[PDB]
Asker: 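This PDB file has REGN10987 in it.
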Amino acid sequence: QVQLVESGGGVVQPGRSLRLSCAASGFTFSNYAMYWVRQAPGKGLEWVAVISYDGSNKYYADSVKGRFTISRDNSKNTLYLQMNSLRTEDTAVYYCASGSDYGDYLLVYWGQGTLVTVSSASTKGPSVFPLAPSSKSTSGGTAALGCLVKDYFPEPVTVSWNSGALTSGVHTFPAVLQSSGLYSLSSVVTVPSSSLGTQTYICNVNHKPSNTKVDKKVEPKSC
Amino acid sequence: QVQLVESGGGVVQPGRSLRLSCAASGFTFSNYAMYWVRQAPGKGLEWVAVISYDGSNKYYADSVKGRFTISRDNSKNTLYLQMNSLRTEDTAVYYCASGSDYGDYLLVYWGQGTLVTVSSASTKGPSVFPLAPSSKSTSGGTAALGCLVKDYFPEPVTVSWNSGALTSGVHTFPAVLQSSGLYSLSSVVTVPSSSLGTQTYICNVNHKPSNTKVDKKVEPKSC
Amino acid sequence: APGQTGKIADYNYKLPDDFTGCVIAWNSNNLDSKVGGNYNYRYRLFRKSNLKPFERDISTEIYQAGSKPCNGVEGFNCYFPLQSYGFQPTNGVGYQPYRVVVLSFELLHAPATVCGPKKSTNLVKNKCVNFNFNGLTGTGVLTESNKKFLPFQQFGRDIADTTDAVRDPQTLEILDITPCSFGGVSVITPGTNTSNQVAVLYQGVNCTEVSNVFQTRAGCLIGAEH
Amino acid sequence: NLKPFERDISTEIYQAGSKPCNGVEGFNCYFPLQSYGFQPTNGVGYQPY
Amino acid sequence: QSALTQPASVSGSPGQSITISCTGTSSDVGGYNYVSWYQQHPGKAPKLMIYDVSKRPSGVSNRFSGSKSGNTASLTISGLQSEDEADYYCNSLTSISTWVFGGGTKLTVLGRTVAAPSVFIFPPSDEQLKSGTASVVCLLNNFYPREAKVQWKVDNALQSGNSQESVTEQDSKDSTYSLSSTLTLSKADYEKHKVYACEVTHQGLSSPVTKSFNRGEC
Amino acid sequence: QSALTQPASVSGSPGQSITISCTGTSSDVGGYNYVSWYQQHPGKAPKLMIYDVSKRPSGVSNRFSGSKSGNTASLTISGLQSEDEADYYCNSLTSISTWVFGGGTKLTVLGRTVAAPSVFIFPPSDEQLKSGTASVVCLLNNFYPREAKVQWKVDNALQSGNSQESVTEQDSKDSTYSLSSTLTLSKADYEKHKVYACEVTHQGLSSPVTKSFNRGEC
Amino acid sequence: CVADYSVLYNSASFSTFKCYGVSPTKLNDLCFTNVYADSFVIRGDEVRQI
């Protein structure tokens, strides 16, 4: 089996440097060009760089030239991306890839991906706010209610309802990154409108990177 | 030795016409294609036009096609560019050039270049302002001081210090064209911080197009 | 090329069907293509009939291409006979100008005047040698001639129309050329059942040219006791 | 020019100049072998066969 | 990076045949025939589907084929199956100086019926107004297919830059999706206007669905 | 006149070998063995160095050489010298019979050691504030190499468009460069804010250097 | 050994297949005292020099 295996990704400061490494097995690494490609989560692929079989020649995308450097060790079967002058916009999954006998100019084999999170934000615990049920969050005898989990870094949080006693109609969304550089997400539940005020609803929130836990009651608002 | 020597460049109004001339010697002018090429201030080369050896065929860049006319006198060995309906973006150094037996389609020999300045601005004298020395212009026992020369047209101005008695540590910057259509520059000097107040510093400024001369004293400010 | 046809071969420049010579050409695009087309070069587009080998034709008079007359400078069925090549640098190869030199040769008739960069040897006489005088190669014995060549004459020939004398280019003396000698060799024997003895006859050969030796009139006989 | 089915492996420095030459160098003297620059994006006719 | 022009998404039922197109520069998909196609399922590394134009690598199904005409290349997927639900990217060299990918086309395989969103809106929490900001959340629940949309309106004027969205993964039990859209503002930007709204557009709706309030209610 | 692509600049130490890459189309670079390279030193006309992809004129140094593959063409300069410190323009004919130049590449030869700028900031003069205008000048003095950046901050907010920059020619005694940056405002816009700053980035600095003042102290 | 030249000649792979003292269709009838395959890589223009 041909494999590529990747490391060096993590949370990192803007303007700093970081080294990605990728290691190869099942093929003669020194016979083929080696590549880096990146993907900001939810976007399409961007080619980053390439290095010739012998390591004598290198090419780059205009988004990274002079900031990033590619290099290889044909004795270790190792490929590097040395990233310098990193930017928040460099935040992506990075994949190494290789040519093969199908053509040196193809991206035939691909590593598992490694995630680089370029961020100025410090580690922070969430604020939790009630998405209060109202006439405007109710339709067809069903009310939506929830909790907004806001202003935390890095990922992930986890969420449950009534200490895990409420599960029907619960949804918890993937997080969004705000213009502040802090994550947020919504957790919500749909319930009979006749259960408002007569049933207590609580969200339970956890954030392991900051060792933070919060329980928040949700109650109706008169809209 | 081949020579191409050029004339007819100068300051001119938008919508006007101007004629450039390029006299040729040291080669059989009438045997080769002849070219015009231009270069806006601080930018790359743009091809403008070419004329065949006999003048029977002419070609133009789309930026000047339907406006300009190239022509030649194979008895006098003179090339012309007639420019009509001049636009501010025609402001450039214009070079004639020519083919040789290396290839008729090469620009083998080049003229000295002639500047054309398509500008709506009136002939105007500068305002001169002291760049007063302060804590914010002092470091390591050296102080910087200067003059700003502002809002004049056309170029050039000239600047000297203490009637030309000061020259060490002086720099005068190439002028910048402001969004008003008027030029500005800075002139500066570095001196021992101990010479402030005890030595008089003056910038001496001249603008021949408006017949304007200014001498401006520079004194410390308490920042 | 010899034996070819087409509007250049037919109307502009014809090589004879047994051309002796070399044709040499090179792309001249830098020298001869001009930015708007180089109209300095033109070719004959029409002729009354194909030209002969090494004929040249400067004619500019109007060609007629139909049954009706054209007693004038222009018409529908009559044309100016020369057309220009549009040699622009944007032309593809094959449509670019090629300079051509045809070196055409004449071999020996008179003595040669053009020869390659070789150097002469000294001259030896009364020996069988190869020779090359002015490109006239051969093999033979060279002897000082008594043949009365007239001052313009270079070579001398036998009844057979073969060379039998020459003039040296360096010293204008005449040399008789004699072929280096040849003959049948025949082996004479009493036959193997009697003996392995043999005698040998060099037929028509003088014994100086070749243990008993004997000049018969049949040739030099060797190995027989007279 | 080599004879039919001659193979020549020699890397000895070729002389075009009149001067003798040594090591890897000399005026009008050259290493006798050149590499084919086989990139992809070379045209057909410059590609390897 | 001169990204190759592709459609954003395409769709078909199982056993149908469909094509994804890819238009490049005259230097990129014009010129060379190296034009590859890649597939990825969500959250994992790509797989090469077509290498040079029309060539499959080993183990790829003959349901995949490709072609080129002028500046444009195409991937044809015959006999659709739910395993085809992926992002598809064309790629080519501009030159040995630069490779370039396409924008990526998602393929939807039409294995379930259209479902309309249940639509809800949340006015600002008073606890967030006590911290000087106002987030208004609009929830769309258990709809299909994925491409629903939300417009945010304040005094009925359409908002931009002030809002963000999250969408579920595909529902593991009914294959629908949900979406949380969110307008977000300062308390001063809550006080500047009177009425606040979200309006929802989707294939399951005969016309857009609006949910709205006045700050004097909230 | 759709220009040939070129790198904006290149650099190397004396005695190195370096390369400049042009790029075009099948109508031009890919269409003809006609690519020409012009050197241009500052303030004077261009001169031809390479023509027909690789030929040299008489009197041009054999340090200069050229190449083409596909739509891409290249100049190489082997054994760098201070005479190489110039702009290089690629050029081609086209099948339209128009001539096209490239964007131009500056070759910065690394002919001396790196040196940091002396950074100074000047407020507007009182005589300029009495005219109704305000120009703030940031001076970077005697640094090397030529390439530096200045960012303008006002009440710590990053400014854009309202500033201009100029650089000296190279110094004949120490080979350094100097840069003047100027920020310009109305007197009213200058009086809206309080703190003025220029923040400088250069190769000789371990982190950016900020020079600043308060209008109320000046 | 058995040289089945039809396996070569009927292949779509070969841009060039030129024979100089025999016709390629008949190679499956002939017998040879010896065969040397000589093999190398060259630039595509230069195949016409072989």
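Lettering of chains follows the sequences in order, A, B, ..., and the numbering in each one begins at 1. So how was this one determined? The header says electron microscopy, 2.6 Å. Only part shown; contacts counted inside that part. Computed from heavy atoms alone, side chains included, the values below leave out hydrogens, waters and symmetry copies.
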Asker: List the ligands or chains that belong to REGN10987, copies included.
Answerer: chains A, B, E and F
Asker: Which macromolecule is the chief neighbour of REGN10987 (chains A and E) by contact count, per the PDB entry?
Answerer: Spike glycoprotein
Asker: Which chain letters come up when looking for other chains with a heavy atom under 4.5 Å from REGN10987 (chains A and E)?
Answerer: D, F
Asker: What residues make up the epitope of REGN10987 (chains A and E) on chain D at a non-hydrogen distance below 4.5 Å?
Answerer: D:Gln39, D:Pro40, D:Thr41, D:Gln47
Asker: Which residues of antibody REGN10987 (chains A and E) make heavy-atom contacts shorter than 4.5 Å with chain D?
Answerer: A:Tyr105, E:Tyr32, E:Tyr34, E:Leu93, E:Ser95, E:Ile96
Asker: What source species is reported for chain D in this deposit?
Answerer: Severe acute respiratory syndrome coronavirus 2
Asker: Tell me which UniProt domain of chain D holds most of the residues near REGN10987 (chains A and E).
Answerer: BetaCoV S1-CTD
Asker: Looking at the PDB entry, what's the name given to chain F?
Answerer: REGN10987 Fab homologue (Light chain)
Asker: Got a list of the donor-acceptor pairs under 3.5 angstrom between chain D and chain E (REGN10987)?
Answerer:
| from | atom 1 | to | atom 2 | distance (Å) |
| --- | --- | --- | --- | --- |
| D:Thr41 | N | E:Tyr34 | OH | 3.0 |
| D:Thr41 | O | E:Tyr32 | OH | 2.8 |

